Engineer: 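To start, I am sharing the structure in question, which I have written as structure tokens.
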Amino acid sequence: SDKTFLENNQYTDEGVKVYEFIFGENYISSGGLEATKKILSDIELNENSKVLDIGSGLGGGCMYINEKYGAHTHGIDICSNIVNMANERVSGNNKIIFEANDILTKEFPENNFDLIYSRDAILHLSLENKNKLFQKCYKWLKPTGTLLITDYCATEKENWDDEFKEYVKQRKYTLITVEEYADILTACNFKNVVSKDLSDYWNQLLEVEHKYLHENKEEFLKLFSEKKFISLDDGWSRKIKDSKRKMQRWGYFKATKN
Ligand SMILES: Nc1ncnc2c1ncn2[C@@H]1O[C@H](CSCC[C@H](N)C(=O)O)[C@@H](O)[C@H]1O
Ligand SMILES: CCN(CC)Cc1cc(Nc2ccnc3cc(Cl)ccc23)ccc1O
Ligand SMILES: CCN(CC)Cc1cc(Nc2ccnc3cc(Cl)ccc23)ccc1O
């Protein structure tokens, strides 16, 4: 599937390390540890709780959830190179496992998890694939369970410019509106569906990251190339510009089963 594509483009080892430089250790998405603390601030779990992280990446989210709650965390990520990196950071901790697998082919028992959690990963999935995932997610949640998601969203396609279309095409993203996304969750039988466009906050995160990149660019070049620097600088500039003009949006979704 998109495995070899992702492993050999956006999520190369070098690419992942660059992301870590800007998001912080163990994170490859928006706001790293700080945003994660915010996203989980109203979430209640204990040591016996069971957590699924969809697209767990370098594992920072699972580590934080286990650190904060003592919960059992199980991360699934389709990139084997990323999974291997994550595994090497949690070798001592038996309540944190990662597994290399497409979440779509992954099989789980019904009523399994207290929390199903995903941060900026579901944008990789086609529209059809987003639907079957959430139906599988519904099954997997215990009756007392919560689904918790951040994901890239967008304005309708008639408002995309050429550059945004090209970015979405070459990254093989499928981006829908916050409303279209919320619609899928209700269609997949979830209750208490809560949707928020967090683009103002996302823009603040991107700004901190962008400033941080420039402030620490000497340390950056010590580890990476000037080519990788320009590319990253350029990409953040565009995400900042596009969230400002409401073209690219950051969706937050929180839902239950009953
Ligand atoms: N079909 C799929 N199944 C499982 N993981 C997938 C997937 N499609 C994309 N991914 C993964 O989703 C991750 C998105 S990047 C963000 C990773 C992590 N949630 C964090 O915030 O740091 C990537 O590591 C990618 O490999
Ligand atoms: C290298 C690791 N760093 C980047 C500077 C992580 C990181 C921190 C931030 N800072 C912040 C995140 C969330 N809330 C914040 C609130 C305030 Cl008043 C200040 C900084 C915040 C933003 C993005 C980001 O990626
Ligand atoms: C000459 C100008 N061209 C180069 C071919 C610039 C150009 C950049 C892009 N890259 C991008 C456009 C919008 N958002 C982006 C976000 C990120 Cl994280 C990275 C690249 C982006 C796409 C098409 C395009 O034509």
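One is the number of the first residue; the rest follow in order along the sequence. As a basis for the values below, the full set of heavy atoms in this structure was taken, side chains included, without hydrogen atoms, waters or symmetry mates. Order of appearance sets the numbers: ligands from 1, and atoms from 1 within every ligand.
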Engineer: List the chief contact partner of ligand 2 in this entry, with the name from UniProt.
Structural biologist: Phosphoethanolamine N-methyltransferase
Engineer: State which of vixotrigine, linezolid, cilastatin, balsalazide, amodiaquine occupies ligand 2.
Structural biologist: amodiaquine
Engineer: Quick one: what's the source organism for chain A in the PDB entry?
Structural biologist: Plasmodium falciparum
Engineer: Please indicate, with yes or no, if any protein heavy atom is found under 4.0 Å from atom 8 (C) of amodiaquine (ligand 2)?
Structural biologist: yes
Engineer: Do me a favour and list the nearest non-hydrogen protein atom to atom 12 (C) of amodiaquine (ligand 2) with residue, atom name and distance?
Structural biologist: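 So the nearest neighbour among protein heavy atoms is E34 CB, 3.3 Å.
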Engineer: Can you name the atoms of amodiaquine (ligand 2), numbered from 1 with element, that are less than 4.0 Å from a heavy atom of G31?
Structural biologist: 7 (C), 23 (C), 24 (C), 25 (O)
Engineer: Is atom 17 (C) of amodiaquine (ligand 2) less than 4.0 angstrom from at least one protein heavy atom?
Structural biologist: no
Engineer: Is there a heavy atom of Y201 sitting under 4.0 angstrom from any atom of amodiaquine (ligand 2)?
Structural biologist: yes
Engineer: Output yes when a protein non-hydrogen atom is found under 4.0 Å of atom 22 (C) of amodiaquine (ligand 2), and no otherwise.
Structural biologist: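 It does; a protein heavy atom is within 4.0 Å.
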Engineer: What would you say the binding site of amodiaquine (ligand 2) is, if we count heavy atoms under 4.0 Å?
Structural biologist: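 Heavy atoms within 4.0 Å: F21, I22, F23, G24, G31, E34, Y201, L205, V208, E209, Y212.
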Engineer: Once you restrict both partners to nitrogen or oxygen, which atoms of amodiaquine (ligand 2) have a protein partner under 3.5 Å, and how far apart are they?
Structural biologist:
residue, atom, partner, partner atom, Å
amodiaquine (ligand 2), 25 (O), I22, O, 3.4
amodiaquine (ligand 2), 25 (O), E209, OE2, 2.5

